[PDB]
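Naming convention: chains lettered A, B, ... in sequence-line order (proteins, then strands); numbering from 1 in each chain. In listed order, ligands and their atoms are each counted from 1.
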Amino acid sequence: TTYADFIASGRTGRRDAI
Amino acid sequence: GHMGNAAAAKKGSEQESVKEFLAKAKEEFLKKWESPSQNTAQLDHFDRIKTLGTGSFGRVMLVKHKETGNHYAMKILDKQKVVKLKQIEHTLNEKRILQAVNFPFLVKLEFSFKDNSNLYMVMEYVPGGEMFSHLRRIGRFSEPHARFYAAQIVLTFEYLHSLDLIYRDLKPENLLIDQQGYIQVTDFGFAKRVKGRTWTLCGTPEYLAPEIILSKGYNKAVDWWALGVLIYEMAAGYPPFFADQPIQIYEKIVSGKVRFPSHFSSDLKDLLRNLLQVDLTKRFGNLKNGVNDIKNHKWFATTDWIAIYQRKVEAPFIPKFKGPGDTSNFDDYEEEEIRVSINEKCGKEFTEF
Ligand SMILES: O=S(=O)(c1cccc2cnccc12)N1CCCNCC1
Ligand SMILES: *[C@@H]1OC[C@@H](O)[C@@H](O)[C@H]1O
């Protein structure tokens, strides 16, 4: 699923600025 | 047309009254900008309770004012670290903005001061924690729940943009929930006075507008793009563009393609397609009608904008609050000490703080 792909991306915790 | 006489007259008068409000708000902001407040407390006026947030930006501590007993969130910055990381202008600008603005969804700076080692910003304590935590816990917000939050962001950006301030730091990580369930915006390190264009590469990959990625001179419409990303993430539980690594995210952003969960309403998708619009000549918030294209969109048809501003709408969710000084909605951290030093550090650079 799209949600599954999200989890697998790993970018699911707090995100840093560039 | 879409509106009868009574509805059109009411909306026209409402839009004129917003203009009148914003003109007065801008005059008040500019007076405070020119005459900033300074050195309005000292460290021994507070008890240190717990660390609420720690990072490259320094740290934020829950404190208790000794005299009055009120709790606050105190942001502490190490002057020497700020200098090393080349953040003098952003630090001074953030404090100058916070002391000059006034809006019900912008955090209030109550005190600021400095000592040999550190700078201190003492802000109202917002006990509900980050939207990010609640969103990941619940998974996703229903459309009415997401709309309640989105309306507050629309009004806050309408206010900031009327002061010619670009925001650039929107994301669930940077939105707090207060005791009444309303939003507080706190971080102003990327905010800037921008009447035309600006050029700095700053933000968070998932929330970057295409024109920032593509190294253009851009304007305040990047905030409306970022609102689209926020509404999407609130309503889906994940953002519209994600990938293992930022480069792949940027490829999706600039592509002009976005896909939606099948549970999104048609009204929501239409609004998002007009906010997540790669073409600036077509993006909502950047057109002749300005913010009214957003406020008058069908997805916001049930939104009473004045009632949201007056905080008279019952919030969809009220965070757990077992009394003042409750920190259950924040993370736990190792309590590093607040060391001051016998020698002043970086007095020249921070003279205006
Ligand atoms: O929650 S904070 O520590 C915080 C900051 C400012 C005022 C605050 C007031 N109350 C609680 C937490 C507060 N935070 C730090 C950076 C991350 N983005 C959200 C703001
Ligand atoms: C999303 O949350 C952050 C991290 O735990 C990751 O593996 C995903 O579960």
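- In this PDB structure, the PDB entry names the chief binding partner of ligand 1 as cAMP-dependent protein kinase catalytic subunit alpha.
- Lab note: drug at ligand 1 identified as fasudil.
- Other chains having non-hydrogen atoms less than 4.0 Å from fasudil (ligand 1): A, B.
- Heavy-atom contacts of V60(B) reach the following atoms of fasudil (ligand 1): 3 (O) (cutoff under 4.0 Å).
- For the pair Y72(B) and fasudil (ligand 1), no heavy-atom separation below 4.0 Å is found.
- For atom 13 (C) of fasudil (ligand 1), the candidate residues are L176(B), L109(B), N329(B), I177(B); the nearest heavy-atom contact is made by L176(B).
- By UniProt annotation, the domain of chain B supplying most contacts to fasudil (ligand 1) is Protein kinase.
- When non-hydrogen atoms are compared, fasudil (ligand 1) lies under 4.0 Å from neither the backbone nor the side chain of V107(B).
- Here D187(B) has side-chain heavy atoms under 4.0 Å from fasudil (ligand 1), and that is the only part of it that gets that close.
- The UniProt active-site residue of chain B having the smallest heavy-atom distance to fasudil (ligand 1), to 1 Å, is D169(B), 7 Å.
- The backbone of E173(B), and not its side chain, has at least one atom closer than 4.0 Å to an atom of fasudil (ligand 1) (non-hydrogen atoms only; backbone = N, CA, C, O).
- Distances from fasudil (ligand 1) to the non-hydrogen atoms of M121(B) include no value under 4.0 Å.
- Close N/O approach between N174(B) and fasudil (ligand 1) is found [any backbone or side-chain N/O within under 3.5 Å].
- Contacts of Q184(B) with fasudil (ligand 1), taken as heavy-atom pairs under 4.0 Å, are absent altogether.
- According to the PDB, the organism given as the origin of chain B is Cricetulus griseus.
- Checking only distances, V126(B) does come within under 3.5 Å of fasudil (ligand 1), N or O to N or O.
- Of the N or O atoms in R14(A), none lie within a sub-3.5 Å distance of an N or O in fasudil (ligand 1).
- No N or O atom of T186(B) sits closer than 3.5 Å to an N or O atom of fasudil (ligand 1).
- With the cut-off at 4.0 Å and only heavy atoms counted, the binding site of fasudil (ligand 1) comes to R14(A), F57(B), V60(B), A73(B), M123(B), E124(B), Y125(B), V126(B), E173(B), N174(B), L176(B), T186(B), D187(B), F330(B).
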